[PDB]
A.B. asks: 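Here is paromomycin bound to 25S ribosomal RNA.
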Amino acid sequence: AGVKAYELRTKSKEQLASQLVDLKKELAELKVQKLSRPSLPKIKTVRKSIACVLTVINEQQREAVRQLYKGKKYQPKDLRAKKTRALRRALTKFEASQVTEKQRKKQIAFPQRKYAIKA
Amino acid sequence: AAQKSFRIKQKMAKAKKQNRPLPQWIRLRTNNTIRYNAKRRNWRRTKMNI
Amino acid sequence: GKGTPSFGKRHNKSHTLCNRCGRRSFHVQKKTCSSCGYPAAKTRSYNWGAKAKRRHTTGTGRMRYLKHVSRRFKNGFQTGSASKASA
Amino acid sequence: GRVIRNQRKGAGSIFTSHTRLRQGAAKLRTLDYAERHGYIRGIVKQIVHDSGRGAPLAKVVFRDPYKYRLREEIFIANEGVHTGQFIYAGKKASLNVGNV
Amino acid sequence: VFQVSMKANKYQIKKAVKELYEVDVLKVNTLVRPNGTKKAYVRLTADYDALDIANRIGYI
RNA sequence: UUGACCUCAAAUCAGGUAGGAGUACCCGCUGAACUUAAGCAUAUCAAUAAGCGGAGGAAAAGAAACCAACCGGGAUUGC
RNA sequence: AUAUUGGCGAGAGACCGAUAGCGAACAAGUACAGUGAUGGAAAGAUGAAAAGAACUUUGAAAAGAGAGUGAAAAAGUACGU
RNA sequence: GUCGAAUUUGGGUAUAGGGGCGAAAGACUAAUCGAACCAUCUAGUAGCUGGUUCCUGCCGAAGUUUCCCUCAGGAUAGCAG
RNA sequence: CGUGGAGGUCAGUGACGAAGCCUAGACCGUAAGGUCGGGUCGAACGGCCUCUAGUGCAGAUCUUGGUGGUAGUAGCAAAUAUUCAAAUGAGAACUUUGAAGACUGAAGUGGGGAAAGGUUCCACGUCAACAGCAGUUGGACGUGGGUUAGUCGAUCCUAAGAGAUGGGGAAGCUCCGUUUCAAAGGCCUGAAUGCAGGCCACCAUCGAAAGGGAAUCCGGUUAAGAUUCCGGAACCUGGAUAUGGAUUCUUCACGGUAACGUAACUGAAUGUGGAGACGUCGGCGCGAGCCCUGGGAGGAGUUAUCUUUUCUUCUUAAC
RNA sequence: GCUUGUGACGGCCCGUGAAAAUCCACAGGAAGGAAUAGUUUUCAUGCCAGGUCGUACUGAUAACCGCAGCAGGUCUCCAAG
RNA sequence: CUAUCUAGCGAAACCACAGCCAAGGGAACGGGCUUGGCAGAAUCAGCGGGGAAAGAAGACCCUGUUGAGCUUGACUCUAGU
RNA sequence: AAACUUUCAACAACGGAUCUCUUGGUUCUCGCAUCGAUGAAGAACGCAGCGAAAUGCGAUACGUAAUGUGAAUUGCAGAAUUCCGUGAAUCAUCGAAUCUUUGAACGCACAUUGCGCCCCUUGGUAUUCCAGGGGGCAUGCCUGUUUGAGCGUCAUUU
Ligand SMILES: NC[C@@H]1O[C@H](O[C@H]2[C@@H](O)[C@H](O[C@@H]3[C@@H](O)[C@H](N)C[C@H](N)[C@H]3O[C@H]3O[C@H](CO)[C@@H](O)[C@H](O)[C@H]3N)O[C@@H]2CO)[C@H](N)[C@@H](O)[C@@H]1O
Ligand SMILES: NC[C@@H]1O[C@H](O[C@H]2[C@@H](O)[C@H](O[C@@H]3[C@@H](O)[C@H](N)C[C@H](N)[C@H]3O[C@H]3O[C@H](CO)[C@@H](O)[C@H](O)[C@H]3N)O[C@@H]2CO)[C@H](N)[C@@H](O)[C@@H]1O
Ligand SMILES: NC[C@@H]1O[C@H](O[C@H]2[C@@H](O)[C@H](O[C@@H]3[C@@H](O)[C@H](N)C[C@H](N)[C@H]3O[C@H]3O[C@H](CO)[C@@H](O)[C@H](O)[C@H]3N)O[C@@H]2CO)[C@H](N)[C@@H](O)[C@@H]1O
Ligand SMILES: NC[C@@H]1O[C@H](O[C@H]2[C@@H](O)[C@H](O[C@@H]3[C@@H](O)[C@H](N)C[C@H](N)[C@H]3O[C@H]3O[C@H](CO)[C@@H](O)[C@H](O)[C@H]3N)O[C@@H]2CO)[C@H](N)[C@@H](O)[C@@H]1O
Ligand SMILES: NC[C@@H]1O[C@H](O[C@H]2[C@@H](O)[C@H](O[C@@H]3[C@@H](O)[C@H](N)C[C@H](N)[C@H]3O[C@H]3O[C@H](CO)[C@@H](O)[C@H](O)[C@H]3N)O[C@@H]2CO)[C@H](N)[C@@H](O)[C@@H]1O
Ligand SMILES: NC[C@@H]1O[C@H](O[C@H]2[C@@H](O)[C@H](O[C@@H]3[C@@H](O)[C@H](N)C[C@H](N)[C@H]3O[C@H]3O[C@H](CO)[C@@H](O)[C@H](O)[C@H]3N)O[C@@H]2CO)[C@H](N)[C@@H](O)[C@@H]1O
Ligand SMILES: [Mg+2]
Ligand SMILES: [Mg+2]
Ligand SMILES: [Mg+2]
Ligand SMILES: [Mg+2]
Ligand SMILES: [Mg+2]
Ligand SMILES: [Mg+2]
Ligand SMILES: [Mg+2]
Ligand SMILES: [Mg+2]
Ligand SMILES: [Mg+2]
Ligand SMILES: [Mg+2]
Ligand SMILES: [Mg+2]
Ligand SMILES: [Mg+2]
Ligand SMILES: [Mg+2]
Ligand SMILES: [Mg+2]
Ligand SMILES: [Mg+2]
Ligand SMILES: [Mg+2]
Ligand SMILES: [Mg+2]
Ligand SMILES: [Mg+2]
Ligand SMILES: [Mg+2]
Ligand SMILES: [Mg+2]
Ligand SMILES: [Mg+2]
Ligand SMILES: [Mg+2]
Ligand SMILES: [Mg+2]
Ligand SMILES: [Mg+2]
Ligand SMILES: [Mg+2]
Ligand SMILES: [Mg+2]
Ligand SMILES: [Mg+2]
Ligand SMILES: [Mg+2]
Ligand SMILES: [Mg+2]
Ligand SMILES: [Mg+2]
Ligand SMILES: [Mg+2]
Ligand SMILES: [Mg+2]
Ligand SMILES: [Mg+2]
Ligand SMILES: [Mg+2]
Ligand SMILES: [Mg+2]
Ligand SMILES: [Mg+2]
Ligand SMILES: [Mg+2]
Ligand SMILES: [Mg+2]
Ligand SMILES: [Mg+2]
Ligand SMILES: [Mg+2]
Ligand SMILES: [Mg+2]
Ligand SMILES: [Mg+2]
Ligand SMILES: [Mg+2]
Ligand SMILES: [Mg+2]
Ligand SMILES: [Mg+2]
Ligand SMILES: [Mg+2]
Ligand SMILES: [Mg+2]
Ligand SMILES: [Mg+2]
Ligand SMILES: [Mg+2]
Ligand SMILES: [Mg+2]
Ligand SMILES: [Mg+2]
Ligand SMILES: [Mg+2]
Ligand SMILES: [Mg+2]
Ligand SMILES: [Mg+2]
Ligand SMILES: [Mg+2]
Ligand SMILES: [Mg+2]
Ligand SMILES: [Mg+2]
Ligand SMILES: [Mg+2]
Ligand SMILES: [Mg+2]
Ligand SMILES: [Mg+2]
Ligand SMILES: [Mg+2]
Ligand SMILES: [Mg+2]
Ligand SMILES: [Mg+2]
Ligand SMILES: [Mg+2]
Ligand SMILES: [Mg+2]
Ligand SMILES: [Mg+2]
Ligand SMILES: [Mg+2]
Ligand SMILES: [Mg+2]
Ligand SMILES: [Mg+2]
Ligand SMILES: [Mg+2]
Ligand SMILES: [Mg+2]
Ligand SMILES: [Mg+2]
Ligand SMILES: [Mg+2]
Ligand SMILES: [Mg+2]
Ligand SMILES: [Mg+2]
Ligand SMILES: [Mg+2]
Ligand SMILES: [Mg+2]
Ligand SMILES: [Mg+2]
Ligand SMILES: [Mg+2]
Ligand SMILES: [Mg+2]
Ligand SMILES: [Mg+2]
Ligand SMILES: [Mg+2]
Ligand SMILES: [Mg+2]
Ligand SMILES: [Mg+2]
Ligand SMILES: [Mg+2]
Ligand SMILES: [Mg+2]
Ligand SMILES: [Mg+2]
Ligand SMILES: [Mg+2]
Ligand SMILES: [Mg+2]
Ligand SMILES: [Mg+2]
Ligand SMILES: [Mg+2]
Ligand SMILES: [Mg+2]
Ligand SMILES: [Mg+2]
Ligand SMILES: [Mg+2]
Ligand SMILES: [Mg+2]
Ligand SMILES: [Mg+2]
Ligand SMILES: [Mg+2]
Ligand SMILES: [Mg+2]
Ligand SMILES: [Mg+2]
Ligand SMILES: [Mg+2]
Ligand SMILES: [Mg+2]
Ligand SMILES: [Mg+2]
Ligand SMILES: [Mg+2]
Ligand SMILES: [Mg+2]
Ligand SMILES: [Mg+2]
Ligand SMILES: [Mg+2]
Ligand SMILES: [Mg+2]
Ligand SMILES: [Mg+2]
Ligand SMILES: [Mg+2]
Ligand SMILES: [Mg+2]
Ligand SMILES: [Mg+2]
Ligand SMILES: [Mg+2]
Ligand SMILES: [Mg+2]
Ligand SMILES: [Mg+2]
Ligand SMILES: [Mg+2]
Ligand SMILES: [Mg+2]
Ligand SMILES: [Mg+2]
Ligand SMILES: [Mg+2]
Ligand SMILES: [Mg+2]
Ligand SMILES: [Mg+2]
Ligand SMILES: [Mg+2]
Ligand SMILES: [Mg+2]
Ligand SMILES: [Mg+2]
Ligand SMILES: [Mg+2]
Ligand SMILES: [Mg+2]
Ligand SMILES: [Mg+2]
Ligand SMILES: [Mg+2]
Ligand SMILES: [Mg+2]
Ligand SMILES: [Mg+2]
Ligand SMILES: [Mg+2]
Ligand SMILES: [Mg+2]
Ligand SMILES: [Mg+2]
Ligand SMILES: [Mg+2]
Ligand SMILES: [Mg+2]
Ligand SMILES: [Mg+2]
Ligand SMILES: [Mg+2]
Ligand SMILES: [Mg+2]
Ligand SMILES: [Mg+2]
Ligand SMILES: [Mg+2]
Ligand SMILES: [Mg+2]
Ligand SMILES: [Mg+2]
Ligand SMILES: [Mg+2]
Ligand SMILES: [Mg+2]
Ligand SMILES: [Mg+2]
Ligand SMILES: [Mg+2]
Ligand SMILES: [Mg+2]
Ligand SMILES: [Mg+2]
Ligand SMILES: [Mg+2]
Ligand SMILES: [Mg+2]
Ligand SMILES: [Mg+2]
Ligand SMILES: [Mg+2]
Ligand SMILES: [Mg+2]
Ligand SMILES: [Mg+2]
Ligand SMILES: [Mg+2]
Ligand SMILES: [Mg+2]
Ligand SMILES: [Mg+2]
Ligand SMILES: [Mg+2]
Ligand SMILES: [Mg+2]
Ligand SMILES: [Mg+2]
Ligand SMILES: [Mg+2]
Ligand SMILES: [Mg+2]
Ligand SMILES: [Mg+2]
Ligand SMILES: [Mg+2]
Ligand SMILES: [Mg+2]
Ligand SMILES: [Mg+2]
Ligand SMILES: [Mg+2]
Ligand SMILES: [Mg+2]
Ligand SMILES: [Mg+2]
Ligand SMILES: [Mg+2]
Ligand SMILES: [Mg+2]
Ligand SMILES: [Mg+2]
Ligand SMILES: [Mg+2]
Ligand SMILES: [Mg+2]
Ligand SMILES: [Mg+2]
Ligand SMILES: [Mg+2]
Ligand SMILES: [Mg+2]
Ligand SMILES: [Mg+2]
Ligand SMILES: [Zn+2]
């Protein structure tokens with residue numbers, strides 16, 4: 001039951017804030033009835049919903065902070081490439097590309113010649 | 001041990017909660033091996049070592 | 001009374017639990033873990049100890065990060081989201 | 001063989017001096033402008049016993065030349081030095097028991 | 001009597017006990033149960049009835 | 001009086017990087033004895049085990065201060 | 001081009017067949033031992049299917065005896081032979 | 001035997017293996033001490049004990065020679081297939 | 001001769017019963033072995049030609065696992081001791097209650113704690129195993145309950161001791177060092193916060209649940225917690241702080257010869273003094289609690305006889 | 001009288017018998033300071049608050065160590081006639 | 001208080017196969033072989049003659065081209081100096 | 001003659017050989033190259049309607065988002081079974097997050113759930129004191145920056 005990922009993404013922050021609070025109100029009230037009854041399997045879907053609400057609220061604020069940093073040279077390490085320690089310190093495609101002026105002319109003067117031999 | 005370091009009361013609290021017989025329903029499960037709890041402990045028999 | 005009588009005197013513990021490795025190898029007076037090596041920077045291992053090694057090596061643990069690296073490498077370390085099917 | 005007893009002593013351990021209850025180290029006043037040119041006066045405030053030393057110590061106060069404070073010294077009492085006496089210290093100082 | 005976060009000191013308890021159930025809290029005594037969960041003894045002031053507010057949370 | 005210089009400091013200075021794990025293979029250091037010799041010391045085990053420092057996907061080696069002495073050959077690695 | 005009792009993913013064998021084969025085919029580096037470094041097991045097989053023996057009966061009861069299930073109970077969770 | 005001091009003792013702390021510690025017994029150093037406990041080198045070497053798994057058929061020995069830090073072992077010739 | 005596996009072949013055997021196992025049943029071979037019947041069994045297996053080995057057990061104080069005789073035997077004899085009745089239960093030498101007999105005899109078989117254990121505490125259920133007889137009981141089994149602090153500890157301080165830092169060794173793991181061959185800071189004030197004041201500066205930290213140390217007591221309460229809860233009475237540190245009182249026109253108090261006294265009585269840098277703060281033994285004075293004890297006011301036992309009798313209540317917390 | 005605290009003292013040493021945190025005090029005189037008033041928060045009274053971990057029970061001829069419900073071993077307080 | 005008898009509980013040592021002698025010869029001290037004596041179920045409490053009884057691959061002794069603790073103007077070295 | 005003992009058979013015990021099974025081991029080959037201060041390896045404690053393990057996860061706790069898939073999961077319960085559906089699921093996939101207490105492990109400690117300092121914000125009169133919330137303060141080294149020191153030192157003084 002409970003909440004749905006796409007429906008939440010439309011609602012505004014300040015509504016989500018209140019969404020949560022009455023889910024916490026419910027889940028709290030659940031745990032009361034829970035110990036007065038022969039179990040209560042129902043409480044699973046609301047505590048999962050709280051995760052979803054909180055996932056979305058996170059999605060927004062992260063994306064929002066993603067915008068505020070767009071195009072800039074220095075972005076929070078939270079939001080960076082990840083990939084690999086070893087990887088992300090490898091030379092950039094630019095840095096590996098550089099070639100000494102002596103060579104760039106040698107790489108022009110006599111670059112590899114495609115040929116063949118018939119008969 | 002009388003007035004006890006928290007970590008040890010915590011470590012104690014753990015082993016207390018995991019000394020129980022098997023839940024009866026674990027043995028109805030399809031493809032079930034476990035008949036009894038084989039890791040069960042006792043204060044008289046085996047000591048915890050903190 | 002090198003035997004049974006002298007045993008009755010053992011109430012003190014040369015080691016308590018080692019924060020790093022969770023054994024009780026941490027020498028109270030020596031302030032060094034016997035098994036793991038804490039608080040040395042490196043973790044304790046010896047080549048004559050190959051059984052001790054396979055007790056503590058990778059994959060005896062939870063692999064909480066490492067385990068997923070292979071899938072993430074399998075495809076390109078993908079950035080971004082998944083495009084669905086659409087129409 | 002084994003390591004004989006007289007080798008084991010240089011490692012400290014058991015063989016270190018038992019220092020707890022001692023007074024400080026027994027040292028003269030530092031050699032300074034005061035003693036090198038004139039002399040200086042101080043009261044021996046008390047003599048007193050120093051553990052594991054069979055030679056009583058005399059505690060001599062002095063007034064700090066270069067600041068307003070009291071400066072206590074630990075001297076080895078010279079037999080006839082006495083609480084309350086004035087010790088005089090320097091090249092200009094007189095020739096009397098207790099003077100340096 | 002409430003189970004409480006093991007991370008919650010006597011202030012956080014009293015603040016959150018007031019805020020949630022809308023009552024005046026005289027004093028707070030916390031132990032940690034054998035199982036490793038904190039139990040809080042939260043006394044309500046004279047102005048309130050603890051049994052009322054009890055089954056206002058719906059246990060009685 | 002005011003302005004540079006060399007050197008050398010400090011900052012929760014702005015941006016970074018090192019550590020640890022792994023260790024089958026790889027570059028070094030350090031370094032045995034059991035053993036064989038029908039004894040044993042050189043020798044052998046072995047430029048091995050254990051110990052230490054540093055990598056990669058390979059490492060390393062490499063365009064000769066080479067090999068040859070031939071009518072000469074021509075970076076390195078491996079079979 | 002070369003190395004590779006590690007890592008990841010595969011295909012195989014005149015290999016071993018539960019005292020074998022890795023120590024571990026199993027909640028196995030587990031249960032347990034040691035202050036500690038370390039030491040370190042045992043243990044696979046009801047049946048096609050639980051149909052896991054309703055009911056009666058003696059018994060304080062565990063059970064026994066009827067009686068049922070099943071191809072088989074000369075398979076009854078002490079379970080293939 | 002000793003029992004008001006070279007007394008008895010808790011805990012904290014220090015000394016580690018050719019090391020410690022010893023009012024000295026080679027004592028003690030975790031039931032381990034004329035060299036601790038743990039793992040590895042290690043399946044250490046053994047002219048020395050012990051064992052060495054089916055059947056039948058034919059042939060059939062030696063404890064002697066010489067040399068050996070050789071005398072419980074080898075080489076060597078002889079006997080044997 | 002025999003065993004695991006391999007190529008080839010009998011288009012070999014088989015759920016209408018393969019393999020295995022059991023057969024004081026049959027036959028073949030000198031033998032290793034081969035073949036058959038019967039029983040039990042449940043899914044595979046054999047003949048011949050070759051290939052190949054982790055290929056044949058009675059021993060090795062062999063390895064692992066299982067089982068015997070010994071044998072219903074040695075034993076179940078330290079710690080003075082049990083008995084009657086009831087209740088409960090299918091069941092009682094062993095449980096509960098009552099009674100009687102006894103013991104530990106406070107250097108205890110009493111009342112608490114330290115190390116250590118870790119739920120053993122308590123309650124309800126409950127006896128397969130365990131409690132070397134027994135078990136209706138248990139420190140067992142099952143299910144639940146339970147440990148409340150400003151004042152008690154930890155936390156703080158320093159001890160022997162341990163240990164970073166400039167640094168100096170060592171190939172290195174690492175070693176030395178703790179104020180040293182170092183440019184080692186962090187306070188209080190004004191001008192909401194920077195500059196101007198300014199002092200002061202040898203020095204991380206770890207190390208005591210018996211050392212040092214801020215401060216709580218009584219009464220009541222639970223099945224199980226209490227110097228923690230409740231009721232009452234306090235105190236300590238930390239903030240805020242208003243009113244009262246005190247002091248000053250001789251501005252920062254008066255009195256006493258003095259020892260000193262008073263409800264208060266401004267005090268920066270800096271210096272210094274004291275408490276923290278300390279051995280062991282011996283008697284002597286004094287107090288507290290305990291011991292002994294008289295009157296009296298209650299309760300209890302004995303009382304053929306004797307005893308103005310024997311026992312028992314009469315209490316006072318920190319502040 | 002017993003335990004115990006304290007007061008005043010005597011003796012013993014080639015033994016003369018911890019440290020730090022903390023607290024108050026003194027000397028000093030930088031400084032602010034009153035009259036129609038300004039002074040002091042070491043005098044009284046009044047306001048608010050005090051987090052974190054431990055807290056059960058055994059502590060032994062059964063709850064610790066000694067394979068165990070072991071005649072062993074394991075520091076201490078109270079102590080009636 | 002045991003032992004002993006009973007209810008209940010219930011091990012271990014050890015074990016080629018076993019368990020009556022005399023002699024003989026025999027690896028020169030036999031339970032077994034040879035010749036004789038003999039020889040009758042099933043057993044209980046005792047006992048310490050035998051079982052060259054049990055305990056532990058003799059420590060004494062020798063052998064081993066096997067060690068180790070230790071000593072020294074052995075052989076060969078070595079920190080320090 | 002019984003008992004007893006011994007031998008054989010049958011049935012029954014004891015025990016787990018043998019036979020047949022094999023989601024395992026073992027060895028050969030083939031392909032690929034990715035751990036960590038963006039916090040790894042490893043550890044501790046937790047997380048399910050009813051779990052002690054194993055397994056998975058992290059207070060968003062046997063999982064949240066995305067993608068596919070097309071109806072289950074299953075021990076009992078429960079559901080919304082929300083099936084021509086943005087949709088079952090202990091499914092596959094994984095590109096988005098969460099990720100307690102830790103650990104090279106980073107304010108200092110650490111047999112302690114011990115103890116400082118800075119910044120923002122909320123409440124208690126509140127610049128100060130207490131409390132809740134949020135973010136911070138390791139080391140060596142490089143490049144840069146800002147601020148300093150030295151009669152090491154060149155100019156300017158005036
Ligand atoms: N008890 C702590 C120590 O455990 C050591 O041994 C422990 C290890 O062999 C094993 O512990 C492993 C650990 O190795 C591994 N690296 C991580 C793993 N989670 C641990 O697991 C353990 O912990 C869980 C949880 O408490 C327990 O249920 C259980 O003891 C065990 N599975 O479990 C043993 C528990 O005793 C030693 N016995 C001794 O040093 C000491 O007792
Ligand atoms: N080795 C300890 C030394 O103690 C010395 O300190 C000396 C004094 O300062 C210290 O005296 C303490 C005093 O600090 C403390 N606050 C009060 C205490 N009563 C005094 O004690 C001393 O004096 C009294 C009276 O004379 C004696 O009864 C006592 O035995 C004595 N130790 O005791 C020492 C004399 O016994 C120095 N600090 C130094 O030399 C060193 O640390
Ligand atoms: N007695 C009535 C019920 O029997 C039930 O149990 C039934 C069975 O589970 C039980 O089976 C027993 C078995 O437990 C035990 N291990 C022995 C034997 N294999 C079986 O025996 C049973 O089956 C045999 C064969 O037909 C009958 O001859 C016999 O009478 C019967 N008891 O026998 C019962 C049938 O008679 C439950 N125990 C319970 O509901 C109740 O006691
Ligand atoms: N143990 C506490 C003591 O009890 C004592 O209690 C005694 C008193 O209360 C009381 O005394 C009464 C007396 O008042 C009345 N007039 C007569 C009565 N027989 C006495 O009692 C008597 O008891 C027996 C005689 O049988 C004597 O041995 C005792 O000494 C005497 N007091 O009887 C008690 C007997 O001991 C005292 N009050 C006093 O010492 C203290 O409180
Ligand atoms: N000391 C002064 C006197 O002390 C008396 O009491 C003292 C004595 O009872 C006892 O003092 C003893 C003394 O008796 C005996 N004869 C000598 C001994 N040294 C003293 O001991 C005293 O001094 C030593 C240092 O020497 C300290 O270490 C110790 O703590 C202290 N008690 O300790 C008390 C404190 O010093 C009385 N209070 C009184 O007569 C007077 O004040
Ligand atoms: N200061 C170093 C930096 O710390 C940063 O990390 C900051 C936080 O992410 C980190 O927070 C830690 C957290 O890691 C951890 N898992 C939980 C912990 N409570 C937090 O701890 C922080 O606050 C606590 C408060 O008690 C302090 O005790 C602790 O020293 C501090 N690191 O602590 C740092 C702030 O103090 C970055 N990891 C990195 O840039 C760098 O290492
Ligand atoms: Mg299992
Ligand atoms: Mg264990
Ligand atoms: Mg032991
Ligand atoms: Mg201890
Ligand atoms: Mg120690
Ligand atoms: Mg050390
Ligand atoms: Mg560290
Ligand atoms: Mg591996
Ligand atoms: Mg793996
Ligand atoms: Mg695996
Ligand atoms: Mg994760
Ligand atoms: Mg020596
Ligand atoms: Mg010294
Ligand atoms: Mg508390
Ligand atoms: Mg509870
Ligand atoms: Mg910066
Ligand atoms: Mg490294
Ligand atoms: Mg390496
Ligand atoms: Mg040799
Ligand atoms: Mg040899
Ligand atoms: Mg030799
Ligand atoms: Mg060589
Ligand atoms: Mg090596
Ligand atoms: Mg790499
Ligand atoms: Mg390659
Ligand atoms: Mg290269
Ligand atoms: Mg060239
Ligand atoms: Mg070439
Ligand atoms: Mg391989
Ligand atoms: Mg490997
Ligand atoms: Mg795949
Ligand atoms: Mg292939
Ligand atoms: Mg088997
Ligand atoms: Mg096996
Ligand atoms: Mg088996
Ligand atoms: Mg087998
Ligand atoms: Mg085999
Ligand atoms: Mg095995
Ligand atoms: Mg097990
Ligand atoms: Mg071991
Ligand atoms: Mg089976
Ligand atoms: Mg099955
Ligand atoms: Mg009936
Ligand atoms: Mg009944
Ligand atoms: Mg039937
Ligand atoms: Mg019918
Ligand atoms: Mg049936
Ligand atoms: Mg039928
Ligand atoms: Mg049929
Ligand atoms: Mg059948
Ligand atoms: Mg069957
Ligand atoms: Mg059944
Ligand atoms: Mg069964
Ligand atoms: Mg069976
Ligand atoms: Mg069967
Ligand atoms: Mg089967
Ligand atoms: Mg004598
Ligand atoms: Mg005497
Ligand atoms: Mg001593
Ligand atoms: Mg060594
Ligand atoms: Mg030697
Ligand atoms: Mg040394
Ligand atoms: Mg001695
Ligand atoms: Mg001798
Ligand atoms: Mg031993
Ligand atoms: Mg010993
Ligand atoms: Mg001896
Ligand atoms: Mg020796
Ligand atoms: Mg040892
Ligand atoms: Mg050992
Ligand atoms: Mg061999
Ligand atoms: Mg070798
Ligand atoms: Mg050899
Ligand atoms: Mg020989
Ligand atoms: Mg010769
Ligand atoms: Mg021989
Ligand atoms: Mg020959
Ligand atoms: Mg011939
Ligand atoms: Mg074959
Ligand atoms: Mg084979
Ligand atoms: Mg074939
Ligand atoms: Mg064939
Ligand atoms: Mg057929
Ligand atoms: Mg067969
Ligand atoms: Mg026959
Ligand atoms: Mg047949
Ligand atoms: Mg049969
Ligand atoms: Mg058959
Ligand atoms: Mg079958
Ligand atoms: Mg079949
Ligand atoms: Mg054949
Ligand atoms: Mg073989
Ligand atoms: Mg065999
Ligand atoms: Mg056999
Ligand atoms: Mg045999
Ligand atoms: Mg037997
Ligand atoms: Mg018999
Ligand atoms: Mg019996
Ligand atoms: Mg008997
Ligand atoms: Mg006896
Ligand atoms: Mg008795
Ligand atoms: Mg009776
Ligand atoms: Mg009756
Ligand atoms: Mg009795
Ligand atoms: Mg009774
Ligand atoms: Mg008596
Ligand atoms: Mg006493
Ligand atoms: Mg005693
Ligand atoms: Mg108690
Ligand atoms: Mg109880
Ligand atoms: Mg028991
Ligand atoms: Mg019994
Ligand atoms: Mg019984
Ligand atoms: Mg219980
Ligand atoms: Mg206190
Ligand atoms: Mg401290
Ligand atoms: Mg120190
Ligand atoms: Mg150091
Ligand atoms: Mg220096
Ligand atoms: Mg500033
Ligand atoms: Mg203390
Ligand atoms: Mg109590
Ligand atoms: Mg109260
Ligand atoms: Mg005295
Ligand atoms: Mg008081
Ligand atoms: Mg008296
Ligand atoms: Mg002394
Ligand atoms: Mg004072
Ligand atoms: Mg003054
Ligand atoms: Mg309590
Ligand atoms: Mg208590
Ligand atoms: Mg007691
Ligand atoms: Mg005992
Ligand atoms: Mg025990
Ligand atoms: Mg006794
Ligand atoms: Mg005892
Ligand atoms: Mg004692
Ligand atoms: Mg007898
Ligand atoms: Mg009997
Ligand atoms: Mg027995
Ligand atoms: Mg035995
Ligand atoms: Mg024996
Ligand atoms: Mg014999
Ligand atoms: Mg004769
Ligand atoms: Mg004869
Ligand atoms: Mg004879
Ligand atoms: Mg005879
Ligand atoms: Mg014989
Ligand atoms: Mg015969
Ligand atoms: Mg014959
Ligand atoms: Mg005869
Ligand atoms: Mg004759
Ligand atoms: Mg005899
Ligand atoms: Mg015998
Ligand atoms: Mg013996
Ligand atoms: Mg013996
Ligand atoms: Mg021998
Ligand atoms: Mg021997
Ligand atoms: Mg001997
Ligand atoms: Mg000899
Ligand atoms: Mg020889
Ligand atoms: Mg030798
Ligand atoms: Mg017989
Ligand atoms: Mg089958
Ligand atoms: Mg579920
Ligand atoms: Mg529940
Ligand atoms: Mg887990
Ligand atoms: Mg699961
Ligand atoms: Mg369902
Ligand atoms: Mg269903
Ligand atoms: Mg999935
Ligand atoms: Mg995921
Ligand atoms: Mg993390
Ligand atoms: Mg952390
Ligand atoms: Mg940290
Ligand atoms: Mg914060
Ligand atoms: Mg940095
Ligand atoms: Zn460790």
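Here is how names work: the chains are called A, B, and so on, in the same order as the sequence lines, proteins then strands, and each is numbered from 1. Header lists the method as X-ray crystallography, 3.3 Å. We show just part of the entry here, counting contacts only within that part. Counting starts at 1 for both ligands and their atoms, following the listed order.
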A.B. asks: Which ligands or chains belong to paromomycin?
C.D. replies: ligands 1, 2, 3, 4, 5 and 6
A.B. asks: Which other chains line paromomycin (ligand 3) with heavy atoms at under 4.0 Å?
C.D. replies: G
A.B. asks: List the residues forming the binding site of paromomycin (ligand 3), heavy atoms under 4.0 Å.
C.D. replies: G:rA53, G:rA54, G:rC55, G:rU56, G:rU57, G:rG64, G:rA65, G:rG66, G:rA67, G:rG68, G:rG76
A.B. asks: I'm curious whether the model shows a covalent bond from paromomycin (ligand 3); which residue and atom, if any?
C.D. replies: none
A.B. asks: How many other ligands or ions sit closer than 4.0 Å to paromomycin (ligand 3), and what are they?
C.D. replies: ligand 51 (magnesium ion)
